[PDB]
Visitor: 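Below is a structure containing triclosan. Please help me interpret it.
Below, chains carry the letters A, B, ... as their sequence lines are ordered, and counting in each starts from 1. Remember, it's 1-based here, ligands and their atoms both numbered in the order they're listed. Per deposition record, X-ray crystallography, 1.8 Å. The figures that follow rest on heavy atoms only: side chains count, while hydrogens, waters and symmetry mates do not.
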Amino acid sequence: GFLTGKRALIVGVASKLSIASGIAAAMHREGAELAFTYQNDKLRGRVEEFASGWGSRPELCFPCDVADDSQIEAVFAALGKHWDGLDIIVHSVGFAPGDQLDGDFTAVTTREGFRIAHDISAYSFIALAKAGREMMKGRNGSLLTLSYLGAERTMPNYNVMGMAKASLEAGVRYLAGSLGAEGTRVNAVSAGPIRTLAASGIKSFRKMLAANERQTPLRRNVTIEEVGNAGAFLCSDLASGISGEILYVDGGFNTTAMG
Amino acid sequence: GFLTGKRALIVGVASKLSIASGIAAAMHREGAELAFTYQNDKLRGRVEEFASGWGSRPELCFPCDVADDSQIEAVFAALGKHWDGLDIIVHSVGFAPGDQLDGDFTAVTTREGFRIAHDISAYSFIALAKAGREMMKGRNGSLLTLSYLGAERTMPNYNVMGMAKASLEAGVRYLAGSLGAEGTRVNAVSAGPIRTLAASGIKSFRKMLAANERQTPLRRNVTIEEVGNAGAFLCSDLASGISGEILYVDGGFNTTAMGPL
Amino acid sequence: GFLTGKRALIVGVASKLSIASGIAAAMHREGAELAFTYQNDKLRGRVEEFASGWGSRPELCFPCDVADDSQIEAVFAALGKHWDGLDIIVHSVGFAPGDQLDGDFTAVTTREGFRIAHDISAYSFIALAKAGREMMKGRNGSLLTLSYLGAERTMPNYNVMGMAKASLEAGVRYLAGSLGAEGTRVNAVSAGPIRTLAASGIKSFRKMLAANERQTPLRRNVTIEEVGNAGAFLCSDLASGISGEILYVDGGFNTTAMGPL
Amino acid sequence: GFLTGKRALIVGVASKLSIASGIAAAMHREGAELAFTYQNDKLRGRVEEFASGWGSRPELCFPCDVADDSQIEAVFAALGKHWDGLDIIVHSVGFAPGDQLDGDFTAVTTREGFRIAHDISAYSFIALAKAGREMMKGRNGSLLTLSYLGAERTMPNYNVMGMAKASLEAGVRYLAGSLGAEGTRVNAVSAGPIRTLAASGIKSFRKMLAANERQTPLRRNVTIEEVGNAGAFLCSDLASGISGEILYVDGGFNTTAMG
Ligand SMILES: NC(=O)c1ccc[n+]([C@@H]2O[C@H](COP(=O)([O-])OP(=O)(O)OC[C@H]3O[C@@H](n4cnc5c(N)ncnc54)[C@H](O)[C@@H]3O)[C@@H](O)[C@H]2O)c1
Ligand SMILES: NC(=O)c1ccc[n+]([C@@H]2O[C@H](COP(=O)([O-])OP(=O)(O)OC[C@H]3O[C@@H](n4cnc5c(N)ncnc54)[C@H](O)[C@@H]3O)[C@@H](O)[C@H]2O)c1
Ligand SMILES: NC(=O)c1ccc[n+]([C@@H]2O[C@H](COP(=O)([O-])OP(=O)(O)OC[C@H]3O[C@@H](n4cnc5c(N)ncnc54)[C@H](O)[C@@H]3O)[C@@H](O)[C@H]2O)c1
Ligand SMILES: NC(=O)c1ccc[n+]([C@@H]2O[C@H](COP(=O)([O-])OP(=O)(O)OC[C@H]3O[C@@H](n4cnc5c(N)ncnc54)[C@H](O)[C@@H]3O)[C@@H](O)[C@H]2O)c1
Ligand SMILES: Oc1cc(Cl)ccc1Oc1ccc(Cl)cc1Cl
Ligand SMILES: Oc1cc(Cl)ccc1Oc1ccc(Cl)cc1Cl
Ligand SMILES: Oc1cc(Cl)ccc1Oc1ccc(Cl)cc1Cl
Ligand SMILES: Oc1cc(Cl)ccc1Oc1ccc(Cl)cc1Cl
């Protein structure tokens with residue numbers, strides 16, 4: 001397939017619904033060799049089982065809480081014992097404390113909630129780019145992250161995650177501008193709403209889903225298969241002319257203003 | 001490849017250098033069956049030649065000056081006698097009278113120059129969408145056009161083509177909003193500068209090339225192979241979640257405000 | 001006020017509801033001396049009447065169908081026998097054939113509907129810039145046009161006016177890039193929906209109004225007084241650092257993707 | 001003038017060159033009653049002297065390190081002793097550690113430098129909005145912050161400040177969406193490059209100045225007088241139809257690609 005010979009590290013698998021799972025499946029289908037991180041020991045077993053079904057194995061699964069620089073560096077040190085280089089990093093991770101995402105933005109947003117949202121959802125992408133730079137050197141590889149329309153325009157409850165996604169998208173451009181000379185491309189998919197574990201935590205998520213379904217040009221919601229294909233493409237040599245890009249996979253909802 | 005089973009109409013091949021040629025080659029490589037238009041008889045011979053190299057033939061090549069509604073409609077009438085229906089239309093066509101793109105925007109832009117630029121570069125995409133709607137019904141296919149950063153931000157000489165491209169990009173969105181419910185996706189690639197017949201017509205194009213090479217994140221100009229691959233992907237079922245999109249294939253130049261120190 | 005000493009030409013007054021009327025009233029309040037155009041003799045009487053209420057007079061009112069270059073040029077020739085120079089032009093004009101704005105975009109949009117929409121709604125701003133350039137020479141003045149969110153994102157029925165507005169907004173940028181060196185600033189206000197004569201022609205306009213009221217951050221529709229004030233500011237020396245800008249006066253509606261729960 | 005009867009708190013005066021000083025001068029000219037904060041006791045004296053010349057006085061100057069929630073709350077507590085309400089808050093501050101802004105983005109950006117840049121340059125705007133909400137209640141007032149093109153497109157060395165500004169501009173929109181119903185408008189000016197104390201800290205600032213000068217439509221750089229007039233306008237009832245907006249005052253540079 002169009003990723004044959006590529007090696008990809010995938011950060012963010014939590015369940016069969018995860019966007020990272022859609023990306024993993026597509027990349028494997030297209031021939032990529034895969035490795036994984038898991039956030040903690042409660043998710044470890046499930047990620048290990050998933051890896052075994054995507055051509056991978058438990059010894060290519062590594063612990064990584066992206067709050068922790070030491071753990072992030074330890075991923076690449078461990079991976080480097082198995083692989084003499086790396087082509088792709090997929091960053092499919094986000095978090096803000098629940099109290100940040102339930103209520104009036106001004107009332108509920110706090111300094112610490114803000115700190116955490118930006119640290120986990122935006123800085124962690126830079127952290128992976130940094131720690132993986134040496135393994136990716138000379139491979140003309142790519143980095144991919146995931147964003148959401150909330151970075152550009154507002155909706156109830158998404159709140160400070162919108163600020164963190166805006167930070168993240170700027171990061172995509174600054175990373176592209178920095179890593180491009182040595183051959184690395186850096187892009188994101190901005191997905192439409194998809195029912196995932198994380199999506200469940202936004203109390204009004206179903207309203208986002210509904211608005212997208214009724215107003216998006218395709219008049220249906222997107223799938224992790226569609227996000228995965230877009231991500232697979234962006235991390236392939238087919239996309240070698242594309243860097244710094246935020247690619248929407250939302251049926252075109254972002255191009256509408258039918259409020 | 002990821003287009004085997006699809007049928008595409010390619011509008012805009014002029015030479016081996018054309019972006020439409022890069023797209024045609026990628027789509028052919030990926031398994032698409034191709035048909036072609038040529039602007040007029042000055043380009044017929046070359047388009048027929050190229051088509052035969054891309055799995056196609058002269059009887060799947062049709063005259064089409066996109067200023068002319070009846071020529072446009074006659075393409076699909078003629079094509080529909082060979083093809084059941086149609087999955088893909090690639091719109092890779094632009095024009096403004098030469099004097100519109102040489103000198104101060106305010107001084108050289110005219111009503112007639114404006115009319116023509118918008119008619120050929122923007123309305124013609126809508127015309128193809130309309131004329132091909134019947135052949136594309138039920139096929140869950142897609143439309144692709146080509147744009148340039150000049151639509152969003154200014155540079156010397158691009159001038160009224162910048163207005164026409166802005167119109168075109170809005171057109172992508174209005175077409176996507178109109179045709180999506182029945183299954184058709186509508187997108188564009190906004191390409192970085194590439195040496196083509198039309199590009200060579202722009203004074204200071206050489207400088208645009210040098211500017212991009214120095215300042216673009218990838219520190220190199222893009223190719224019609226790279227634009228071709230992006231266009232092929234957008235018109236494939238791999239992109240079934242994507243409509244209304246303006247996808248930049250420019251190495252990231254559009255994301256920069258200044259070049260390196 | 002902050003416009004005392006300035007002279008402004010206002011194109012687009014039709015009724016007391018017009019955006020151009022809100023702009024005219026605000027500029028008059030702030031001390032500007034005003035001149036006016038009227039599209040044709042159907043609006044001459046009301047425009048002359050309104051002008052006399054804004055410190056002006058029939059002799060500073062001129063016929064101008066912006067489809068017609070010779071009429072446009074005759075405005076400035078005639079005005080120049082009263083005024084030795086001009087600081088400001090306000091361009092508050094739009095048109096597309098009615099059937100272009102009623103129904104499915106792909107089905108109802110035509111080449112001729114497209115031509116007219118872009119000719120009147122977009123090129124005419126360029127035409128004013130060109131024709132008034134001599135009179136604005138050395139005055140460090142400004143141009144203002146009016147746009148709508150439909151240029152960037154889609155909604156029912158706005159259709160080809162959305163393409164024309166996108167063209168116009170690029171026009172703002174290219175004019176700014178061309179005329180800035182000699183001192184002229186060029187901007188637009190992108191207004192939220194307002195009940196005007198033209199707006200009343202759009203079916204489902206009442207839905208656009210209700211949509212904005214519920215979803216806009218300020219939870220209320222905007223007024224021609226608010227648009228008028230923003231336009232007055234943009235055309236004043238208070239805004240001397242501002243050119244090429246599309247300023248939204250829509251209560252923030254454009255910054256929202258969904259309304260409140 | 002068009003701010004007569006308005007009371008404004010201005011956060012960010014450091015010297016006669018400050019953007020905040022340009023905004024203060026314009027607002028005072030237009031009739032606003034002003035109060036001020038100062039970052040530390042080194043700047044206290046200078047801010048006090050400036051206040052006296054802008055119709056204000058030393059007792060309307062308050063300490064505020066915007067890293068500190070209690071100090072921020074203490075500003076409004078103290079100001080409330082003097083004013084029974086507040087109309088305007090101007091947020092004109094930023095900071096990132098110098099090592100973040102000198103060199104390759106991927107190489108020099110760190111988790112802590114990221115945290116600080118976002119905390120001081122972005123979250124602090126939300127903090128002021130929150131702390132001032134009661135004093136602003138029912139006055140149909142406004143909030144203003146300052147941003148920079150670096151939020152949208154990249155340039156050498158601006159680096160993580162670009163991410164922080166992108167966060168800030170999303171903040172402008174989320175605040176607008178939250179505070180609008182009760183009558184508060186929220187906007188920013190995105191200024192072109194201006195020689196200020198903070199600007200001099202960016203190693204390549206003169207290259208930014210030069211690019212703006214040669215490529216901006218007006219072919220000259222903007223002044224704090226021009227930024228202050230725009231900010232004064234945005235915080236006036238003349239701008240009562242405008243919220244959630246990022247108003248560029250850069251001579252049009254942002255609209256150019258080659259210029
Ligand atoms: N509608 C959607 O689901 C949607 C839409 C647009 C963008 N996104 C983004 O897609 C990405 C994936 O989210 P998802 O929707 O697939 O949900 P998900 O629950 O399947 O995945 C979220 C991932 O984030 C991981 N994570 C959270 N905190 C972590 C930490 N400190 N350290 C390491 N890992 C951590 C979780 O373990 C999990 O694997 C996120 O960036 C999300 O913001 C989701
Ligand atoms: N070359 C670049 O750097 C670049 C960058 C961005 C976008 N584009 C766009 O790509 C497309 C141009 O292709 P190109 O650069 O490969 O140049 P090209 O010269 O190879 O092709 C231009 C095409 O436009 C056709 N055409 C012109 N007027 C026509 C008319 N009335 N009717 C039918 N066909 C007509 C021409 O026959 C030709 O096939 C345009 O849309 C262009 O604006 C080009
Ligand atoms: N009303 C709104 O909600 C709204 C919102 C955003 C933008 N706008 C724009 O504001 C501007 C003014 O429109 P309006 O809402 O005040 O409606 P309006 O009916 O009051 O004014 C429209 C003007 O266009 C003039 N006009 C039309 N065709 C002309 C032609 N060939 N030559 C010269 N003049 C011509 C008309 O004579 C009239 O004066 C337009 O550009 C409109 O697109 C309106
Ligand atoms: N000068 C420019 O070219 C330019 C351009 C665009 C935007 N901006 C933005 O305008 C504002 C910059 O101010 P400036 O250029 O007038 O420089 P400046 O040095 O005059 O002001 C910077 C202010 O930030 C204050 N500050 C820094 N850290 C603080 C903290 N922890 N607590 C409280 N106050 C703190 C400083 O005391 C100072 O008053 C910033 O938001 C800046 O990012 C500047
Ligand atoms: O960014 C998202 C956007 C949508 Cl519509 C749905 C889920 C998203 O992802 C998250 C949302 C909230 C938290 Cl706490 C964590 C994550 Cl990963
Ligand atoms: O849009 C373009 C942009 C670039 Cl950088 C180069 C070529 C382009 O294409 C054209 C430019 C001018 C004319 Cl008259 C016709 C065409 Cl097809
Ligand atoms: O652009 C507009 C946008 C809105 Cl919401 C309302 C009115 C507008 O103005 C017009 C709309 C249609 C036509 Cl035919 C002419 C004009 Cl002036
Ligand atoms: O944002 C800015 C943009 C420019 Cl062009 C110049 C100065 C700016 O303001 C800062 C830059 C760096 C640091 Cl550490 C702090 C501040 Cl306030």
Visitor: Please list all instances of triclosan by ligand or chain.
Guide: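 For triclosan, that's ligands 5, 6, 7 and 8.
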Visitor: Write down the name, per UniProt, of the macromolecule bound to triclosan (ligand 6) with the most contacts.
Guide: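 Main binding partner here: Enoyl-[acyl-carrier-protein] reductase [NADH] FabI.
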Visitor: I'd love to know which other chains sit under 4.0 Å from triclosan (ligand 6), counting non-hydrogen atoms.
Guide: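 The other chains in heavy-atom contact are B.
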Visitor: Could you walk me through which residues contact triclosan (ligand 6), taking a 4.0 Å heavy-atom cut-off?
Guide: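 On a heavy-atom basis, the binding site is B:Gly94, B:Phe95, B:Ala96, B:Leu101, B:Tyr148, B:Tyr158, B:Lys165, B:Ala198, B:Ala199, B:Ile202, B:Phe205, B:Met208.
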Visitor: Name the closest protein heavy atom to atom 3 (C) of triclosan (ligand 6), giving the residue it belongs to and the distance to 0.1 Å.
Guide: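 Scanning the protein heavy atoms, the shortest distance from atom 3 (C) of triclosan (ligand 6) goes to B:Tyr158 CE1, 3.5 Å.
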Visitor: Can you list the atoms of triclosan (ligand 6) that are under 4.0 Å from a heavy atom of B:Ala198?
Guide: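 Close to B:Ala198: 10 (C), 15 (C), 16 (C), 17 (Cl).
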Visitor: Numbering the atoms of triclosan (ligand 6) from 1, which are under 4.0 Å from a heavy atom of B:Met208?
Guide: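 Within the 4.0 Å cut-off of B:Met208, triclosan (ligand 6) contributes 5 (Cl).
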Visitor: Which organism, per the PDB entry, is the source of chain B?
Guide: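 By the entry, that would be Pseudomonas aeruginosa.
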Visitor: I need the atoms of triclosan (ligand 6) closer than 4.0 Å to a non-hydrogen atom of B:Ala199, numbered in the order shown.
Guide: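 Close to B:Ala199: 6 (C), 7 (C).
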Visitor: Measuring to protein heavy atoms, does anything land under 4.0 Å from atom 8 (C) of triclosan (ligand 6)?
Guide: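 No.
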Visitor: Which UniProt NAD(+)-binding residues of chain B, if any, have a heavy atom under 4.0 Å from triclosan (ligand 6)?
Guide: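 Heavy-atom check against UniProt gives B:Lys165, B:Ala198.
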Visitor: Against heavy atoms of B:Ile202, which atoms of triclosan (ligand 6) measure under 4.0 Å?
Guide: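 Here the atoms of triclosan (ligand 6) in question are 11 (C).
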Visitor: Give the UniProt-annotated substrate-binding residues in chain B that lie under 4.0 Å from triclosan (ligand 6) by heavy-atom distance.
Guide: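 Per UniProt, the ones with a heavy atom under 4.0 Å: B:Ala96.
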Visitor: To which residue and atom, if any, is there a covalent bond from triclosan (ligand 6)?
Guide: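 The model shows no covalent bond.
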Visitor: Which of the atoms in triclosan (ligand 6), numbered in the order shown and given with their element, are less than 4.0 Å from a heavy-atom of B:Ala96?
Guide: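 Here the atoms of triclosan (ligand 6) in question are 14 (Cl).
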Visitor: Using a strict 4.0 Å cut-off to heavy atoms of B:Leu101, name the atoms of triclosan (ligand 6) that fall inside it.
Guide: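 Contacts of triclosan (ligand 6) toward B:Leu101, numbered from 1: 12 (C), 14 (Cl).
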Visitor: Looking at B:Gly94, which atoms of triclosan (ligand 6) are within less than 4.0 Å of one of its heavy atoms?
Guide: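 Listed by number with element, the hits are 15 (C), 16 (C), 17 (Cl).
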Visitor: Show me a pair-per-line table, with atom names and distances to 0.1 Å, of protein N or O atoms that are under 3.5 Å from an N or O of triclosan (ligand 6).
Guide:
{"from": "triclosan (ligand 6)", "atom 1": "1 (O)", "to": "B:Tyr158", "atom 2": "OH", "distance (Å)": "2.5"}

